[PDB]
Participant: 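Encoded as structure tokens, here's the structure I'll be asking about.
Chain letters: A, B, ..., in sequence-line order. By the numbers in the PDB entry, the shown part of chain A spans 41-624. We number chain B the same way the PDB entry does; the residues here are 40-624, in that order. Note that ligands are numbered from 1 as they come in the structure, with each ligand's atoms numbered from 1 the same way. Hydrogens, waters and symmetry mates play no part in the numbers below; they use all other heavy atoms, side chains included.
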Amino acid sequence: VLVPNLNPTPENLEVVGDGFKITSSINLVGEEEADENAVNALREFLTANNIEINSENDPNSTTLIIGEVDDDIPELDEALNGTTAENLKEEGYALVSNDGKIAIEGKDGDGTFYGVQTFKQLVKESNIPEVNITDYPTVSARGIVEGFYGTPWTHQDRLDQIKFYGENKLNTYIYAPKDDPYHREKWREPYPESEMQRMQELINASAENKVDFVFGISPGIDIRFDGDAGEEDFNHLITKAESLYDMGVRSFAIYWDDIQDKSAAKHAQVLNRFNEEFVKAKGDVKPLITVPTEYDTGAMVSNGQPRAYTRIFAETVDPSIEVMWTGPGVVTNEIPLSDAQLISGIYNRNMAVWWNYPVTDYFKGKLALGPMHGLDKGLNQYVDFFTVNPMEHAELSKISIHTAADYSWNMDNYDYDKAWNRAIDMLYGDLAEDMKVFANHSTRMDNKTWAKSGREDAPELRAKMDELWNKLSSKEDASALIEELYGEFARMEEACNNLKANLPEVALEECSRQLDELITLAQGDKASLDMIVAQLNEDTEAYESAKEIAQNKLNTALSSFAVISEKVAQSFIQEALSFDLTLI
Amino acid sequence: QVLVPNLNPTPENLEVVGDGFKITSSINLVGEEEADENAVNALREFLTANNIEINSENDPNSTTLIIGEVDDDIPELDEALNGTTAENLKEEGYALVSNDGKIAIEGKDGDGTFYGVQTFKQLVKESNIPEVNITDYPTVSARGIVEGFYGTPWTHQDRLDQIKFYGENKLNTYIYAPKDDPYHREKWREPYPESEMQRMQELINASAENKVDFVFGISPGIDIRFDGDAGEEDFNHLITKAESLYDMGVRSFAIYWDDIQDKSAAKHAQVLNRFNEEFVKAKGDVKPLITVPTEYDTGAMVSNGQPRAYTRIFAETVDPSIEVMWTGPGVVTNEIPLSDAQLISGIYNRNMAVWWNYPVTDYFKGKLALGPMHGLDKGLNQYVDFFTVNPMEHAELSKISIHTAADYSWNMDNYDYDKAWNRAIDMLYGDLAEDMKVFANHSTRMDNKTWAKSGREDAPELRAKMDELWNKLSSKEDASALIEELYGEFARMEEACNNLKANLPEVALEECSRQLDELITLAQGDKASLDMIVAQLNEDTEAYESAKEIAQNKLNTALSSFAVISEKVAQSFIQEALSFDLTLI
Ligand SMILES: Cn1c(=O)c2c(ncn2C[C@H](O)CO)n(C)c1=O
Ligand SMILES: Cn1c(=O)c2c(ncn2C[C@H](O)CO)n(C)c1=O
């Protein structure tokens, strides 16, 4: 009857009935014409939900019909009842569930696979609402770049991530882990046979999930440009790219982010020649991706104009090349429309975004657990390619990555708070509410210098703390608010204890120190209220006791590796410690 | 060529007219018999201290000093002034001309004469005086200090010393309301017993001798009754308390409502009105009554552009002659912009009195407030004619900020807070001034993280250089030169503080010893932070871990100590460095 949480939000969805229960066995129509990856995804779903396939038809049992628009299948047409994927953009699809029948029509193969993923999300306990849906992405390339420093994702993390992207309609995965010598330290060298199977597994998994596996080369460590050596090194770049092509790689990136020979003309020459001699020569390779040595607005621009390097790079690099930038800074609050317009103007095309959130390599004590935040909802005007750099913490990165999927697939309707709530609801099931209490305190990233991004920590509790100080300093009665805040702090502690006892090991292993840290702070916040109450009661012994406890809790948090809620739970203790009620 | 020395306050009008001259070891004194008595005593005190004798009979070889008031008939004074005059200046005004062996001081009144002397005292260095024409007068009529801080009281000797300091800097108001004198609050009805008489007399006499109005602060809010027979008894107690003070020589009074448990605006106002009528008006020689209403900062007084009930009623009831104090937009606040003064003064339909809560540190005692008057609108005088600051329990170090309040209130229009700050330290600390500046520069900003904050930011130039260090490092720009420069600043900080520890007089050192040790610790931690950065640039892991451990111990020592200084600068720098991972830029 009711529509389950969906992610991404589909473009068009209307409830057209009251839904029905899918029978224990079903009629499968189109299984041989439809996209193989979509059909394999469907079969895996039905198999896991104990829904058998009928070898012969039966008007009683539910009928599921699947295929592309370019297929002449009139059963699909009949089931679709007008609505079609014919005029939708790439990766788009139509889905109709109406009395005992579900029709999935992709605009293409990719689109068909996405139709299935939505279907999977619509079904609960063999029940499905009945709706009419047409859907397609706001932006063409949506995904993740594995560009963080620190402990690398394991082979199993990547495989799991790859499936998670497919399931959320993310179509891009840029493979450039700092731990793989063949992306950088041995960039010339083709993969040895002893590495071939691992790579093949990533390449295959990506393909079966409609994910573009982008191989990222950073030749900057030692590439040469001039004379015979430059020629040799260029040929090695070709050599390497085709050994990868022979494994099935069809997307490439070349990074100039870390080179010291800051020569714009030479960087772009290598890109242009690679583009001619490889990308275009092959015909089925996707547009070349690049990161220029200047890759954030502050490094790219002075006074509304490009700097020397960026001016030359933008003038030299072929228009068919995806150029990545990070926004106004490497790690920064926002990408407002005006920033995208500026950089897009300079490069005379739609840009690619490398968004350093929720990555935490620069401030590892803190987990980044908030939604996409600060990215203008009109960005698609100037951006055709959107990626996020995640944490070394693969599992917990799913919260933020989940909201990125929504932002990039349905940008105009993206609401960061509802997206954030939905991500945790869909990922954490019965522990969703407790996870929210904890994660609410861990959204803001800030290394106290050059790197800051994210939604503020626990903003509503922050507003309440502010009101307590106003009331106390204005001689107004705060007894009801003090009471409310004790409730807030007890609830922080309780939720974190719950998460400790009940979280899956795969999540708990990423966040146990931060859980303890939040508990410590909740206990200090409580002791801080005790100080205020002692001063209102003029009780010197109760004050001194609360004060030593509050101070100890704060000292524990400060010296601990884990970091959380700095401006809210932690700062509150310092505010209370410096507050002297006797002065008014 | 004798240059003009530092002067405080900055005189309204000063023109250098000659190259200056030497004041003989013996001088001719002309007018000392008709001129203001306190002014003359201040002059003799100065002459004596600088081994300058007074000629018994005229001697045409000697420097001639002529002193008097405008309405005094002295032909030598008129001749020496050569057209310059104090005749059309406001009260406390005076003229001073030093020209060719003659120094003429003409006050518009007795107070102005005294202040002419104070300027003369500042003009003379080693018997040399510049040749200048001066006409001078204050922007604001009442300038001074309220002893209104919580904490350890000023001693009797601190107060006597403060009063003399006010006289030298032309501050004419001292509001005596120490929390720890019972007769001010806990025993407000009771007149001073015989045991306390000498002590009170000394303060009153020292104030008068220094042209300082000694305001007695009464806080009856503790237990004053308003209705019926008890209300009548308490009002008569107020009257008999005030006349016992009057008999001791007190001519200024403040009555406070800041701490009363009710908000009975009409009753507060009627007590003042009646006191005004039966005492202030009746005596004829009592200055305007001073009050602090129960709501005394804009936040407590105003809601949506309009007075709150208490304020509206108090404003409606209180007599127009009464001085009403407010502290600005908050009790302890960054600024009083012109608009705030305009709003409150409009509500009260009168020129307001300011109770400015800086350099008071009672709400964050680990930090010394060593900055200038900061955030006060330079056109505030349009709406304000009474300016006081609430200082620290630390009487000696309060002089830096008070010195700047003297200059802001006497010469408001030309007040430059950086220059006033520098001049305050130069004039107070002599040979240790440059070192004192290094230290005090890290201790101007007050912030308890909640309701209270005010003052110039700590060490802003250094803060801008630290910012630029992180900009360079995160932009992969070479930072060697800046790093070297910062090593120099941190070494300077430590060396200034060590010299201060060794050479500060005990009266100053006593108040700042812990803060000195704290700045040294922070400086050492700052140096260690640089060593961390350098070790990361050199890819030296062992050098990194060793610098880091020092940085963290220095920071930890700073955080756990009572003393607080340079929170956003020297202290924050270490935390910034500890959170920065250079290995990934
Ligand atoms: C634009 N860009 C990055 O921002 C980046 C990177 N490797 C790491 N980062 C950013 C880092 O994760 C933020 O601390 N690479 C290889 C990159 O090209
Ligand atoms: C306007 N006002 C004050 O601001 C004040 C005060 N006693 C203390 N203060 C302020 C305090 O020193 C700052 O914490 N009194 C008695 C007062 O009238």
Participant: Write down the drug at ligand 1.
Facilitator: diprophylline
Participant: Find the chain with the greatest contact count to diprophylline (ligand 1) and give its name in UniProt.
Facilitator: O-GlcNAcase NagJ
Participant: Write out the binding site of diprophylline (ligand 1) as chain and residue number, heavy atoms closer than 4.0 Å.
Facilitator: A/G187, A/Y189, A/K218, A/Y295, A/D297, A/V331, A/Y335, A/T366, A/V370, A/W394, A/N396, A/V399, A/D401, A/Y402, A/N429, B/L623
Participant: Check this for me - diprophylline (ligand 1), A/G187, N or O atoms closer than 3.5 angstrom, yes or no?
Facilitator: yes
Participant: Quick test: of every protein heavy atom, which one is nearest to atom 16 (C) of diprophylline (ligand 1), and how far off is it to 0.1 Å?
Facilitator: A/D297 OD2, 3.3 Å
Participant: Could you say whether the N/O atoms of A/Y335 and diprophylline (ligand 1) ever approach to under 3.5 Å?
Facilitator: no
Participant: Quick check: does A/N429 get an N/O under 3.5 Å from an N/O on diprophylline (ligand 1)?
Facilitator: yes
Participant: Name the UniProt domain of chain A that holds most residues touching diprophylline (ligand 1).
Facilitator: GH84
Participant: Can I get the nearest UniProt active-site residue of chain A to diprophylline (ligand 1) along with its heavy-atom distance to 1 Å?
Facilitator: A/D298, 7 Å
Participant: Note the single closest protein heavy atom to atom 11 (C) of diprophylline (ligand 1), along with its residue, its atom name and the distance in Å.
Facilitator: A/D401 OD2, 3.4 Å
Participant: May I ask you to list the atoms of diprophylline (ligand 1) that are less than 4.0 angstrom from any heavy atom of A/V399?
Facilitator: 12 (O)
Participant: If you measure every N or O of A/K218 against every N or O of diprophylline (ligand 1), does any of those distances drop under 3.5 Å?
Facilitator: yes
Participant: What does the entry give as the covalent anchor residue and atom for diprophylline (ligand 1)?
Facilitator: none
Participant: What organism is listed under source for chain A in the PDB header?
Facilitator: Clostridium perfringens
Participant: Tell me which protein heavy atom sits closest to atom 4 (O) of diprophylline (ligand 1), plus the residue, atom name and distance to 0.1 Å.
Facilitator: A/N396 ND2, 3.1 Å
Participant: What atoms in diprophylline (ligand 1) come closer than 4.0 Å to a heavy atom of A/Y189?
Facilitator: 8 (C)
Participant: So which heavy atom in the protein is nearest atom 6 (C) of diprophylline (ligand 1), and how far is it from that ligand atom?
Facilitator: A/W394 CZ2, 3.5 Å
Participant: Based purely on interatomic distance, does A/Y402 place a nitrogen or oxygen under 3.5 Å from a nitrogen or oxygen of diprophylline (ligand 1)?
Facilitator: no
Participant: Pick out, from the UniProt protein-binding residues of chain A, those with a heavy atom under 4.0 Å from diprophylline (ligand 1).
Facilitator: A/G187, A/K218, A/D297, A/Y335, A/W394, A/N396, A/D401, A/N429
